[PDB]
Trainee: 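Hi! Got a PDB file here: MLN7243 (bound form) bound to Ubiquitin-activating enzyme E1 1.
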Amino acid sequence: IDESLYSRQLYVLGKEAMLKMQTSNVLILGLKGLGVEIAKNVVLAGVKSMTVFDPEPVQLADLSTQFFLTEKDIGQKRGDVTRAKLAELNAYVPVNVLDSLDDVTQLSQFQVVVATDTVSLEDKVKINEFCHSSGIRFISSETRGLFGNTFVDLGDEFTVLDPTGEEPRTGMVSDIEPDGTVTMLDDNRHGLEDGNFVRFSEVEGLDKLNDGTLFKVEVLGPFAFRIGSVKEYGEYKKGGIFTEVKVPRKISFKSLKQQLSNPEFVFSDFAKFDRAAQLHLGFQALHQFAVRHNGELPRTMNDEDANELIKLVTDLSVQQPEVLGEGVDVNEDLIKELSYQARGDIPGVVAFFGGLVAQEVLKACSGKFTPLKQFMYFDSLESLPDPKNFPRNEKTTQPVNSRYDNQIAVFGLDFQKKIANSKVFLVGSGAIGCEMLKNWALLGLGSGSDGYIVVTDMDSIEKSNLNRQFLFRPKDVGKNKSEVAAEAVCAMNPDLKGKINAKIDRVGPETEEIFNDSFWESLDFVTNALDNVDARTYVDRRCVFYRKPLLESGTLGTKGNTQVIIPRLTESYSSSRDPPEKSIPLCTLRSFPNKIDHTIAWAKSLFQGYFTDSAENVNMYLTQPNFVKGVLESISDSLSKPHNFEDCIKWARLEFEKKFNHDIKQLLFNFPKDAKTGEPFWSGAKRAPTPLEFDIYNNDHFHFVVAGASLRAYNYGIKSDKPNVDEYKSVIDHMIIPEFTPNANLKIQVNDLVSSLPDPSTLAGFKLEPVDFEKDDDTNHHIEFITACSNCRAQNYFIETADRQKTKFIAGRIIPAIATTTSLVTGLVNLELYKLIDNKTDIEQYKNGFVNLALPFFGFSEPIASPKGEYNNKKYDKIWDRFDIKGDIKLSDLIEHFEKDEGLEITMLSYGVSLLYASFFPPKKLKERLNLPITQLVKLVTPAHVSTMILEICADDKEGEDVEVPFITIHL
Amino acid sequence: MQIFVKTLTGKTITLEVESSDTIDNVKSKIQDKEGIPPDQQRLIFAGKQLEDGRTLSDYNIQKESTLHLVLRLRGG
Ligand SMILES: *NS(=O)(=O)OC[C@H]1C[C@@H](Nc2ccnc3cc(-c4cccc(SC(F)(F)F)c4)nn23)[C@H](O)[C@@H]1O
């Protein structure tokens, strides 16, 4: 498994799943937008081979969602044209065309068969039956306008090896009673659920309990669970770690034929659970209609065909009585919209199912995650504009011989033209950005004479990006993300030539001169495509300030979300909080690690100190007269100095001794293995360490020295560069290793001289080269050092060692990421975007989305309305309103204005972190303050680009009492 | 009555509640069971996000109903 390509995805799927996918041959039937989208995500993910079958000729209307088709491809076979472009996505994945599927027996070569919207229901049934009865995994999906479905049949016996992909739960135990009641140490939560399984280690007094045996969990509150009787195992003394184990689950799927009569549903939207059974008949009725009308779907917006489809569904509910159940009528209005939209081909919907179905493919190859069982239906009918604004009829939704015809089919020509005339800002050109830009290419968004796209990203393209940022190729590595992405989508849709402004600027407080008042005011809306919470907060504050709609989204492995922020309507992104990152106690890091996370963070800090901070501090000391407690000692060590690589080896060997032998002996001097508080000192989170005796045959000991030496050599400009054990031995064997001598006067925290330095005169021209941490270059020794260093400390404290991949995950702070979730959430964003185009003011039409493809789970919620407030019986919006003040006002006038116009006594006035005025200030301070313009007042407490100043205020109302009030904007 | 809360990780939580309980009170019960402070909880049911100051019955939450505890994700 090529870690350098598959890095981020490996953290989602794991090595075993990806090994299994790499043995899997996948066939996709149909390469309209849906098939190409599934194929893109599957090829990127990495299977053994991809085969596509679509001998149908390319027509112009296919380009609605098929981003690998161009106008020059018209007349040629969809398969043939698409094959070459798919092949480019992943060089490890062979892409073949199947020329004909005359013999259903050809399917025997494949592990997974996907039937898309080019396959008739009749044929799907025949293909599924062959697949089911042969042990071939079958998946189908079809999209029809704003509607879509998927069906999964993984055969009679399918094994799920990991249902969720979540990290197994672990925890420290303080007691196990003879009935099997396990008590957690202190206030540690086990996080377990009834029916989970755990294994045990280090449970003293119960010996065989620790052999890898699994125990069923009965949860008794958040700090206790029961495993059943342990009398026979012995009697509990002390210690213990539980580890959660995921057991395999055998599951049975029914064939498509059986599932047509008695379907099993997963819901996409619980607000719409009733529609699933309705659409199940609807989708079947569409195929029956096509049978009766020589392969034709219902005519667009046609009332006559809609009535036929309604009659077809009504008739089918009789033949399939278990679908709707007793006393439930045909939802005629719903079926009517399905008929009306049947020919539609909508990017957002194609992307939603493309992502979802591709994930189902990966599950079918690997046994990783819980498969969809077995049908899912989706609609996004809220995306439809108000018919008052954009009427839908046979005239307005007619083909105009255009790539957008199957979008016009749903929305009408005028709405399509409004999409084209949107001015949009996209912040980020990575995974979400690429999927966004593709979607926008397919929409022709910003291609009209009044429209444009601004996309910005400061970052360049790297190898690990290519697994999920599909607009980029290996040739593009090193180039700018935004610029490359812009060019790629213009090649997809020439309508966007001259309409995308690809910028390389980083959005933040430092680029407000570029992204100024004028820039934001011109925009219709903003879309986030970010990987950082602060970046999102920054953009959200700008959209609040300029009153612009914001489309927000995010992913983490199989998990994803979308949020819509609407001026004067909803709360914004910053209005609510997400869990903060958990902070490790300093004493746990310093002296008492019990998890690999602790040893990794310690190793990374050590890496920083040794090879970055040390070098920087020396360089500053030698060039800066001003320079002059821990810092001082590092400078002297750095300067009292290797002349060759051998000296670097010696240094690292001595560091080994210091960190993993001497310091440990010092800690044990302070707190002997036997020490007591009643209870032992070394218990629970405190694990009695053992000093390491350097053994070059131990991989961690060896690589600590190799990497430490190579990094020290880099600091001092010594030529470095597999490492040979005997070569390193020929240095280390001759070394005298100083004995440990205990410092009696050293205090160790349990719970959370100067003229020795050499004269910079004597070392002129001397400079250290500081290391810049680079997690994605496997030749620089960085991860090698952090892994080895962490592992030696893990050895000290009897913590299980980790490999390079896990260490890189934690030390590199890598976000797990995969194309499937990215394309799915981006689809959902684009279904909301339609609502922005129609300027919807009904909050109940909008949907914030929440997904986890592992489960699979789909859920939506209406956005929260902006909280409203009052002062002196005047109502205001707590998110959207502000006090706009014209001109560089004098403080006294500002105070006067608020008393006269608002009935507010300003009690406090601030600009950023600076306090400018308070009602408790004394006359002397007030005199130097009251008569100054705000800029001068700010100057007194502390730029030409600046046109506005944001001020915060506390205030009392007319009846004297404190009152929450909005911010002030001073317009300069 | 019994209701269920499913997290985005697949975990099911069982709560004993009354129709007239506030959303604030359900969140307090979730905090006891899971440790998540009420301000960090996003509960969704039948197309709505549950807000403080309203009751379960306001959202037509019935016996054996499932609520979803959901999250916002930072990657992209
Ligand atoms: N999910 S991904 O595949 O990794 O792709 C994510 C994109 C997002 C790009 N980042 C990016 C693009 C444009 N502007 C900014 C600004 C920031 C940023 C980040 C942290 C702090 C701050 S200062 C603050 F918070 F705004 F006040 C700004 N990141 N930006 C990535 O380059 C990647 O391509």
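Lettering of chains proceeds alphabetically from A, tracking the sequence lines in order. Residue numbering for chain A follows the PDB entry, covering 14-641, 652-663, 665-701, 704-747, 752-782, 801-990, 995-1024 in order. Note that chain B carries the PDB entry numbering, so the residues on display, from first to last, are 1-76. Because only heavy atoms are used, hydrogens play no part in the values below, and waters and symmetry mates are left out as well, while side chains stay in. Method on record in the header is X-ray crystallography, 2.2 Å. We count ligands from 1, going down the list as the structure has it; atoms in each ligand are counted the same way.
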Trainee: OK, heavy-atom distances under 4.0 Å: which other chains does that catch around MLN7243 (bound form)?
Mentor: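 By letter, the heavy-atom neighbours are A, B.
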Trainee: Identify the binding-site residues of MLN7243 (bound form) using a heavy-atom cut-off of 4.0 Å.
Mentor: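 Heavy-atom contacts: A:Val440, A:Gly441, A:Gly443, A:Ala444, A:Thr469, A:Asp470, A:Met471, A:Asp472, A:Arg481, A:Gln482, A:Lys494, A:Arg519, A:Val520, A:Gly521, A:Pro522, A:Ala542, A:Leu543, A:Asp544, A:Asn545, A:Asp547, A:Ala548, A:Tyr551, B:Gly75, B:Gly76.
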Trainee: Which residue and atom, if any, anchor MLN7243 (bound form) through a covalent bond?
Mentor: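 Covalent attachment: B:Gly76 C.
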Trainee: How is chain B named in the entry?
Mentor: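 Per the PDB entry: Ubiquitin.
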Trainee: What protein heavy atom lies closest to atom 14 (N) of MLN7243 (bound form)? Include the residue and the distance to one decimal.
Mentor: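 Looking only at protein heavy atoms, the one closest to atom 14 (N) of MLN7243 (bound form) is A:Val520 N, 3.2 Å.
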Trainee: Distance to 0.1 Å, residue and atom name: give those for the protein heavy atom nearest to atom 19 (C) of MLN7243 (bound form).
Mentor: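 Nearest neighbour among protein heavy atoms for atom 19 (C) of MLN7243 (bound form), to 0.1 Å: A:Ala548 CB, 3.7 Å.
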Trainee: What organism does the deposit give as the source of chain A?
Mentor: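 The entry gives Saccharomyces cerevisiae (strain ATCC 204508 / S288c).
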Trainee: Which UniProt Mg(2+)-binding residues of chain A, if any, have a heavy atom under 4.0 Å from MLN7243 (bound form)?
Mentor: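 The overlap, by heavy atom and UniProt annotation, is A:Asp472, A:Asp544.
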Trainee: Among protein heavy atoms, which sits nearest to atom 22 (C) of MLN7243 (bound form), and what does the distance come to when rounded to 0.1 Å?
Mentor: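 Result: A:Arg519 NH2, 3.0 Å.
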Trainee: Does MLN7243 (bound form) approach any residue of chain A that UniProt lists for ATP binding closer than 4.0 Å (heavy atoms), and which?
Mentor: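 Checking heavy atoms, the UniProt ATP residues near MLN7243 (bound form) are: A:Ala444, A:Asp470, A:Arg481, A:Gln482, A:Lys494, A:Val520, A:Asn545.
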Trainee: Provide, to 0.1 Å, the distance between atom 10 (N) of MLN7243 (bound form) and the closest protein heavy atom, together with that atom's residue and name.
Mentor: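 For this ligand atom, the closest protein heavy atom is A:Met471 CE, 3.7 Å.
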Trainee: For atom 24 (C) of MLN7243 (bound form), grab the closest protein heavy atom and report residue, atom and distance to one decimal in Å.
Mentor: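 Minimum-distance protein heavy atom for atom 24 (C) of MLN7243 (bound form) reads A:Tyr551 CB, 3.9 Å.
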Trainee: For atom 2 (S) of MLN7243 (bound form), what is the nearest protein heavy atom, given as residue, atom name and distance?
Mentor: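 Here the closest protein heavy atom is B:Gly76 C, 2.6 Å.
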Trainee: If we only count N/O pairs under 3.5 Å, is A:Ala444 in contact with MLN7243 (bound form)?
Mentor: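 Checking MLN7243 (bound form) against A:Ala444, an N or O pair does fall under 3.5 Å apart.
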